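Bound complex of Cytochrome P450 11B1, mitochondrial and fadrozole.
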Amino acid sequence: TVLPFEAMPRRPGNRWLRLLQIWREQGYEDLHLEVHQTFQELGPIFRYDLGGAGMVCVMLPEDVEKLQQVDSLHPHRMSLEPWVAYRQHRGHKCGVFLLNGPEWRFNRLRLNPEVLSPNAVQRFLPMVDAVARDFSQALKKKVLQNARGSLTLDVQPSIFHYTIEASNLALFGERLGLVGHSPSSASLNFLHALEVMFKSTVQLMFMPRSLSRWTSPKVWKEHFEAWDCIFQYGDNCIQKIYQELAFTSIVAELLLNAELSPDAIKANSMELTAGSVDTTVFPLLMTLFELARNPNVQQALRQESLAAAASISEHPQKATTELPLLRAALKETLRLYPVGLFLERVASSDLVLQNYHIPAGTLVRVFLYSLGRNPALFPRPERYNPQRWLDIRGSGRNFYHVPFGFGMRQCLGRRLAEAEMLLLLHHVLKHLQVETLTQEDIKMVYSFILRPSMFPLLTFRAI
Ligand code: HEM
Ligand SMILES: N#Cc1ccc([C@@H]2CCCc3cncn32)cc1
């Protein structure tokens, strides 16, 4: 009863013209919408032919489960060519984000204890809480410096600085000063290189290195120069940490472990640094936006955080356990606005998705934008209702929330990202109320990650 792979519904359109249409623009900003529309038309599975190959698109938790069942010991995710190109050119190692096969697993097993283990989280969470406190106090100060105790501003830069500040402190044990009003020029240079590296990544990742090296030599120059600044900052930090180990951070533990070479430690530390760029910031912004649009949800989160403020202050780690509604609020935000638009696996072995045979080597992509909007799973999917997550009780409900991926290749920074998001929202919601003038949905664009095209100004008010 299993249908052949070739009988799978195909998305209409010309696979070759569409690829040229992508190169015409160095982007595919409406990917989430165009895929979402196709699901509505053809069902929960279809093939998207693009150029010489394509992708099988799915959106159901049961498909995620079947994908994790055929996860080999080395789950295969396509490497990001422009990033790999820089490593080979300069002679750097590739980290877990870019690696595949045995070398990935070798690196992964020697990183999990220092990045994901409960002991690791116990270590750096008080560090993140400190940075979150600085942000909230600085913001609360600006609000009260105002005439009416109310401030309207663009919070994306400051929140983005927070995520970089907190992550860099956990990774290298150094404060960049980005939450302060006057950071050093070195810190600003580093931050600019990160932004340029991400920008140039989008410009290059949609065509082969063979071609893009002709059509855009200056983009590659910007990309490698940005990476040079990043790896230069990483070399300095790792060297400094190493010297001081002969007389507290994630890299220090990795150096003490001595399981990975200094080059491998650096490679993974740069991909962890890159991992906090244009990721954690956006769920934070979209949560604030939705809390401004749903005052009752915001007030419920404030009562929760105010009730647990004392214990959290004594033990910051309690923010990850004693704030269940805030955790649900993050699930609801990521349900509607997943950072990673899709999860990607190259089928290591044959499998069956939606009664269709999937040959080994097929590129399968789970589109979370469509997964989270399935009404049969999230009734009234357009509604921002964090309470739904305390009530879900399906047998396979652990696959309803996979914004960080699944299996052994799941986001290595998940615990760090969750800590950063929870601690910031907790400390902000304690003393401040967020409001928005516009109540309409804002547009998202797919540019490597899913982000708002133009996040609006928000108004903060003291209680
Ligand atoms: C809301 C925030 C974030 C989301 C939604 C997110 C999402 C993801 C997803 C979907 C993957 C692919 C997992 C898979 O293929 O199964 C991934 C991988 C990864 N993420 Fe994140 N990420 C976030 C933040 C971060 C942060 C802050 C860091 C580092 C400080 C980070 C580091 C990594 C790394 C190193 C990998 C590669 C893991 C591997 O391939 O073994 N991420 N992330
Ligand atoms: N598949 C996939 C996939 C898509 C985007 C991302 C993003 C972007 C690159 C670095 C990063 C760290 N954490 C999340 N990300 C990660 C994975």
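This chain uses plain numbering: 1 for the first residue, then up along the sequence. Whatever order the structure lists ligands and atoms in, that order sets their numbers, starting from 1.
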Checklist entry - Could you point out every ligand or chain corresponding to fadrozole? => result ligand 2
Next on the checklist: I'm curious which residues sit within 4.0 Å of fadrozole, going by heavy atoms - can you tell me?
Outcome noted: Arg77, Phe97, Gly275, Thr279, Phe342, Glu344, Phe448, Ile449
Checklist entry - Which of the atoms in fadrozole, numbered in the order shown and given with their element, are less than 4.0 Å from a heavy-atom of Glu344? => result 1 (N)
Next on the checklist: What protein heavy atom lies closest to atom 15 (N) of fadrozole? Include the residue and the distance to one decimal.
Outcome noted: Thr279 CG2, 3.8 Å
Checklist entry - Which of the atoms in fadrozole, numbered in the order shown and given with their element, are less than 4.0 Å from a heavy-atom of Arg77? => result 1 (N)
Checklist entry - Which other ligands or ions, by number and name, fall under 4.0 Å from fadrozole? => result ligand 1 (protoporphyrin IX containing FE)
Checklist entry - Looking at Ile449, which atoms of fadrozole are within less than 4.0 Å of one of its heavy atoms? => result 7 (C), 8 (C)
Next on the checklist: Could you tell me, atom by atom, which parts of fadrozole come under 4.0 Å of a heavy atom of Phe342?
Outcome noted: 1 (N), 2 (C)
Item to check | Overlap of fadrozole heavy-atom contacts (under 4.0 Å) with UniProt heme binders in chain A | outcome: none
Checklist entry - For atom 13 (N) of fadrozole, which protein heavy atom lies nearest, and how many Å away is it? => result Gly275 O, 3.7 Å
